[PDB]
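Quick look: oxamniquine on Sulfotransferase.
Residue numbers start at 1 and run along the sequence shown. Both counts, for ligands and for their atoms, begin at 1 and track the order of listing.
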Amino acid sequence: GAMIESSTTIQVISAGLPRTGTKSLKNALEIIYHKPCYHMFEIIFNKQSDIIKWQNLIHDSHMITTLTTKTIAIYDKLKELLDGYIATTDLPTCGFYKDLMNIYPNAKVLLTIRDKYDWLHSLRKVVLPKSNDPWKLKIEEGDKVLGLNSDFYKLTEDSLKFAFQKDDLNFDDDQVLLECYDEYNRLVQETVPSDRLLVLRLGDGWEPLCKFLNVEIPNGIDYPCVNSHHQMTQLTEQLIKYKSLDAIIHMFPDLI
Ligand SMILES: Nc1ncnc2c1ncn2[C@@H]1O[C@H](COP(=O)(O)O)[C@@H](OP(=O)(O)O)[C@H]1O
Ligand SMILES: CC(C)NC[C@H]1CCc2cc(CO)c([N+](=O)[O-])cc2N1
């Protein structure tokens, strides 16, 4: 197909929850658009100063009405955070999908989904281990190597609670999490006009995504398959062993 000059503004809003293929999708959108896509990895590796800005935004977000003066202030901060990016995926952004749709009226919406039990299992190994899981101590040790402190964990928890619209949340309760998951995904498909939504099940690959976005399938490039919990476990253990990211980053080419 012909090469056309794409606008550097949010073109795709992904509502999918963490551990549903968001990093592969991030990589895929960057392969298509040749501009950055927002993701929790963007915060961790490139923009840790954003952490307090997202935390502030979530704090102020109860005061959003579907427009109040207070809404415009929030929308302005969201636009600021996302300047220069062509898409959003993952926490903390995914819970803001309705507001992003208002801010970027010409952006299309994605929902990444998968088997709820596979999701929970993945979440417990990477994002939200149970309190008494010994692996939690390893995650915390590796996170310190990355410069991540208590504020980072607060942002993760608060952004999840925001996505699920819960004032609080027993993170150690599998049944609660499974029910939030199903309710979240249900609500997205009820809220977004079907014309503006594409639901992507893990494994779907390039084809429905590229059709939805009116772009050619990238020539000779397989759809990304990254960020497995097995790989994240290896990253954690290597961070602990070497005590720096730059010592090991050559070992994790497409993940980081
Ligand atoms: N192209 C693909 N096909 C199948 N699974 C994929 C995939 N890309 C990512 N995944 C899976 O999606 C999860 C990562 O999601 P995220 O990037 O949102 O955190 C991982 O699940 P597992 O932890 O079960 O391996 C990963 O294996
Ligand atoms: C020990 C290291 C590997 N921990 C990985 C980092 C970096 C990867 C990571 C990703 C997410 C979600 O995309 C979350 N999260 O929302 O809790 C946390 C983290 N933490």
Where would I look for oxamniquine in this thing, copies and all?
ligand 2
Just wondering, which residues come within 4.0 Å of oxamniquine on a heavy-atom basis?
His39, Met40, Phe41, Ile44, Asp90, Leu91, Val127, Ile139, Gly142, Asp143, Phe152, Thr156, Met232, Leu235, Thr236
Starting from atom 8 (C) of oxamniquine, locate the nearest protein heavy atom and write down its residue, its atom name and how far away it is, to 0.1 Å.
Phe41 CE1, 3.4 Å
Atom 14 (C) of oxamniquine: which protein heavy atom is closest, and how many Å away?
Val127 CG2, 3.9 Å
Need the oxamniquine atom indices (1-based, order shown) with element for anything under 4.0 Å from a heavy-atom of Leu91.
16 (O)
Origin organism of chain A per PDB:
Schistosoma mansoni
Write out the residue and atom name of the closest protein heavy atom to atom 18 (C) of oxamniquine, then the distance separating them to 0.1 Å.
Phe152 CZ, 3.7 Å
Show the atoms of oxamniquine that are less than 4.0 angstrom away from any heavy atom in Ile139.
1 (C)
Please could you name the atoms of oxamniquine that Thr156 approaches to less than 4.0 Å, counting only its heavy atoms?
15 (N), 16 (O), 17 (O)
Considering only the protein, which heavy-atom contact is closest to atom 7 (C) of oxamniquine, and what is its distance?
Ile44 CD1, 3.5 Å
Nearest-contact summary for atom 12 (C) of oxamniquine - protein heavy atom, Å:
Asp90 OD2, 3.5 Å
State whether the shortest distance between N or O atoms of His39 and N or O atoms of oxamniquine falls below 3.5 angstrom.
no
Which other ligands or ions in this structure are less than 4.0 Å from oxamniquine?
none
Under a 4.0 angstrom heavy-atom cut-off, which atoms of oxamniquine come close to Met232?
3 (C), 5 (C), 8 (C)
Tell me whether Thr236 has any N or O atom under 3.5 angstrom from an N or O of oxamniquine.
no
What are the atoms of oxamniquine, with element, lying closer than 4.0 Å to any heavy atom of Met40?
11 (C), 12 (C), 13 (O), 16 (O)
What protein heavy atom sits nearest atom 2 (C) of oxamniquine, and how far away is it?
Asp143 OD1, 3.1 Å
